[PDB]
Participant: 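Below: experimental structure, dorzolamide bound to Carbonic anhydrase 2.
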Amino acid sequence: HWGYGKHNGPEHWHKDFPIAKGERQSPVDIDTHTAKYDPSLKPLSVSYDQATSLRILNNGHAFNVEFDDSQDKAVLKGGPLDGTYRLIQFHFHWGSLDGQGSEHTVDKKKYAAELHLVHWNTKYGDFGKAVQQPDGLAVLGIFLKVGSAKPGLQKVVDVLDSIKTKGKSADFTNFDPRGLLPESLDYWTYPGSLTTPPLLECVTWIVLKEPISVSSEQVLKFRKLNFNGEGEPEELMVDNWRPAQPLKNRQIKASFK
Ligand SMILES: CCN[C@H]1C[C@H](C)S(=O)(=O)c2sc(S(N)(=O)=O)cc21
Ligand SMILES: [Zn+2]
């Protein structure tokens, strides 16, 4: 099975998922001097007031916090998007050391972790149909740097003990994702893909310029999770990030100057 090890990591994915060598793969390095300011880009509209979280799960690759997407409760609009995108889940990617962990990079700089808030285009009816479309998903990416603690993240950190291994899930209701957002919503955007298999090229990436700060103790807790299931040899869940892919014939746009 695919993973992040030496024998099943990113360099091997192309054997089972040939699209790994495709034309619009993610993540990428964001060269701040070549990105172009596009004044036609609208500000992002994040409406998370009615978000209903349901559960937190360790799927063997990361931990996901899932939301009820049966209605337009928590949605993302505006920016480079056309239509309404519903929040379905969020997860993180992190490193074994503070100097690595993020998937996207900024002028080759790596952050300690990267948060992905995944949304799907409602015009396609269901998430499964959305992933088969070029504009089916919108993922909001937020960088994490180590510094002061992020209070809104603590409730997540505190429940990780209950989902240490692959397959474990815990009820996780009434969590407000607004607590994870930076002050500014300035962003870069480009067309890309999922960063894990199936690596489908159905994502409009929206990467925020402003990183959020989390404490050393908060990120340390992420690193205590396991890739393995209960009863199996312990493999710490760290470095679950894909390296930067070629930009090819794509242009990264910025909402700011
Ligand atoms: C572990 C599989 N993860 C996949 C398949 C899921 C069904 S998804 O919600 O389409 C999704 S979103 C991202 S990311 N890292 O580009 O934001 C990866 C994945
Ligand atoms: Zn991700």
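Residue numbering for chain A follows the PDB entry; the residues present correspond to positions 4-125, 127-261, in that order. One-based numbering, in listed order, for ligands and for the atoms of each.
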Participant: Which chain letters or ligand numbers go with dorzolamide?
Facilitator: ligand 1
Participant: Which residues from the surrounding chains have any heavy atom less than 4.0 Å away from dorzolamide?
Facilitator: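 The heavy-atom site around dorzolamide is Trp5, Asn62, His64, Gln92, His94, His96, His119, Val121, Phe131, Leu141, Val143, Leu198, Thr199, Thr200, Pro201, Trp209.
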Participant: Evaluate the 4.0 Å heavy atom contact test for atom 2 (C) of dorzolamide: does a protein atom fall under the cut-off?
Facilitator: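 Flag for atom 2 (C) of dorzolamide set to true, protein heavy atom closer than 4.0 Å.
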Participant: Among all protein non-hydrogen atoms, which one is nearest to atom 11 (C) of dorzolamide, and what is the separation to 0.1 Å?
Facilitator: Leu198 CD2, 3.9 Å
Participant: Looking at atom 4 (C) of dorzolamide, what's its closest protein heavy atom, distance included?
Facilitator: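 Protein heavy atom with the smallest distance to atom 4 (C) of dorzolamide: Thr200 OG1, 3.3 Å.
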Participant: Can you find an N or O of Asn62 that's nearer than 3.5 Å to an N or O of dorzolamide?
Facilitator: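 No, since none of the N or O atoms of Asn62 sits under 3.5 Å from an N or O of dorzolamide.
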Participant: If you have a sec, work out which protein heavy atom is nearest atom 10 (O) of dorzolamide and how many Å separate them, to one decimal?
Facilitator: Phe131 CZ, 3.2 Å
Participant: Okay, next thing: UniProt's Zn(2+)-binding residues in chain A - which of them have a heavy atom under 4.0 Å from dorzolamide?
Facilitator: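 By heavy atom, within 4.0 Å of dorzolamide, the UniProt hits are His94, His96, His119.
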Participant: Quick check: which UniProt domain of chain A holds most residues touching dorzolamide?
Facilitator: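 Most of them lie in the UniProt domain Alpha-carbonic anhydrase.
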Participant: N/O to N/O below 3.5 Å, does that happen between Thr199 and dorzolamide?
Facilitator: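 Among all N and O atoms of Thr199, at least one is under 3.5 Å from an N or O of dorzolamide.
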Participant: Okay, next: other ligands or ions under 4.0 Å from dorzolamide?
Facilitator: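 Other ligands and ions within range: ligand 2 (zinc ion).
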Participant: If the cut-off is 4.0 Å to any non-hydrogen atom of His96, which atoms of dorzolamide fall inside it?
Facilitator: 15 (N)
Participant: Is the closest N or O pair between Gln92 and dorzolamide shorter than 3.5 Å?
Facilitator: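 So dorzolamide has an N or O lying under 3.5 Å from an N or O of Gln92.
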Participant: Okay, for chain A, which organism does the deposit list?
Facilitator: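 The PDB gives the source of chain A as Homo sapiens.
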Participant: If you look at the UniProt active-site residues for chain A, which lies nearest to dorzolamide, and how many Å separate them by heavy atoms, rounded to 1 Å?
Facilitator: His64, 4 Å
Participant: Measured between heavy atoms, which UniProt-annotated substrate-binding residues of chain A are under 4.0 Å from dorzolamide?
Facilitator: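 Those UniProt residues with a heavy atom under the cut-off: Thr199, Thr200.
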